[PDB]
There are 2 protein chains.
Amino acid sequence: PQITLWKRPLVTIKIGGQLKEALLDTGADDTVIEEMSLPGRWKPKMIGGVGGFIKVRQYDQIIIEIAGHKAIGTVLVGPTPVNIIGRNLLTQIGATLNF
Amino acid sequence: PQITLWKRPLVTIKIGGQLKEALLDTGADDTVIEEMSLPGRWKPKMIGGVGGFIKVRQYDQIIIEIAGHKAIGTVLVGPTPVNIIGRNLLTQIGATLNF
Ligand SMILES: CC(C)(C)NC(=O)[C@@H]1C[C@@H]2CCCC[C@@H]2CN1C[C@@H](O)[C@H](Cc1ccccc1)NC(=O)[C@H](CC(N)=O)NC(=O)c1ccc2ccccc2n1
Ligand code: NA
């Protein structure tokens, strides 16, 4: 689809058996989701943006369905105010910015 | 252009006669730039990022060129780690996200 930017570009995602809303975020290197359980091993990470850094758990090789399109990649889990789909997964669903 | 997301979507902007690098960010509601001087009066705003809130100066009706496309709109100035072009100006240059 073509998504305009008059409002936040929020989509439904499926991750870990759960439906969530997330922001399609070209300004994010990483995909960061609010607290949830994910299977497998993880490692701690610090990620930053405006306002500084938060501590997250890094899970690798996680499958997500983003607006109907499946992708696999690293997912970070922690106290983000909004769930964000960053470039590591946007690339996999073929997302581009066009103007 | 069509901008893919394998790398950060960094473009050149021109503001106050100066060239700067900035991130085209569909996840950002607002445009925020690192400290610089802009003309006129400003108003206060607090904006929230992944790591918390920062105080910024809001300048309205600022002339800015984004990857060659002219816009005139609101620019926030403050302690952002990266210059960010948000949806308020992405919509003026006709940007969409497509997949
Ligand atoms: C810029 C502002 C107007 C405040 N908007 C936002 O910041 C909104 C806030 C929303 C609610 C909280 C959760 C994040 C979302 C999306 N963000 C936009 C969102 O696109 C935001 C923009 C950004 C980029 C770089 C530096 C700072 C900020 N990106 C991010 O926060 C991501 C998070 C991550 N993946 O690690 N940061 C980065 O990708 C990133 C890249 C370079 C950096 C350099 C130094 C310091 C930090 C750096 N962070
Ligand atoms: Na894993």
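The chain called A is the first sequence line; B is the second; the pattern continues. Numbers in chain A come straight from the PDB entry, and the residues shown are 1-99, in order. Chain B is numbered as in the PDB entry; the shown residues are, in order, 1-99. Note that these values count all heavy atoms, side chains included, but never hydrogens, waters or copies made by symmetry. Ligands are counted one by one from 1 in listed order, and the atoms in each one are counted from 1 as well.
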Q: So what drug did they put at ligand 1?
A: saquinavir
Q: Name the macromolecule with the most heavy-atom contacts to saquinavir in this structure, as the PDB entry names it.
A: HIV-1 Protease
Q: Heavy-atom contacts under 4.0 Å: which other chains make them with saquinavir?
A: A, B
Q: So, at a heavy-atom cut-off of 4.0 Å, what does the binding site of saquinavir look like in terms of residues?
A: A:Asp25, A:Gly27, A:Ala28, A:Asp29, A:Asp30, A:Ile47, A:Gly48, A:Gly49, A:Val50, A:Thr80, A:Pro81, A:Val82, B:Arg8, B:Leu23, B:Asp25, B:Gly27, B:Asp30, B:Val32, B:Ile47, B:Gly48, B:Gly49, B:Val50, B:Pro81, B:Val82, B:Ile84
Q: Of all the atoms in saquinavir, which lie at a distance below 4.0 Å from a heavy atom belonging to B:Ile84?
A: 23 (C), 24 (C)
Q: Using a 4.0 Å cutoff against the non-hydrogen atoms of B:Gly27, which atoms of saquinavir qualify?
A: 8 (C), 16 (C), 17 (N), 18 (C)
Q: Tell me which protein heavy atom sits closest to atom 39 (O) of saquinavir, plus the residue, atom name and distance to 0.1 Å.
A: A:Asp29 N, 3.0 Å
Q: Could you tell me whether atom 10 (C) of saquinavir has at least one protein heavy atom nearer than 4.0 Å?
A: no
Q: Any idea which atoms of saquinavir are less than 4.0 Å away from a heavy-atom of A:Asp30?
A: 34 (C), 35 (N), 36 (O)
Q: Return yes or no for this condition: an N or O of A:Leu23 is under 3.5 Å from an N or O of saquinavir.
A: no
Q: Of the protein's non-hydrogen atoms, which lies at the shortest distance from atom 6 (C) of saquinavir, and what is that distance?
A: B:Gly48 O, 4.1 Å
Q: Go through saquinavir atom by atom and flag the ones less than 4.0 Å from a non-hydrogen atom of A:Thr80.
A: 13 (C)
Q: Under 4.0 Å from a heavy atom of A:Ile47: give me the atoms of saquinavir that qualify, with their elements.
A: 36 (O)
Q: With heavy-atom distances below 4.0 Å as the criterion, list the atoms of saquinavir near B:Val82.
A: 25 (C), 26 (C), 44 (C)
Q: For saquinavir, find out whether one of its N or O atoms is nearer than 3.5 Å to an N or O atom of B:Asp25.
A: yes
Q: Would you check the N or O atoms of B:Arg8, main chain and side chain alike, for any that come under 3.5 Å of an N or O of saquinavir?
A: no
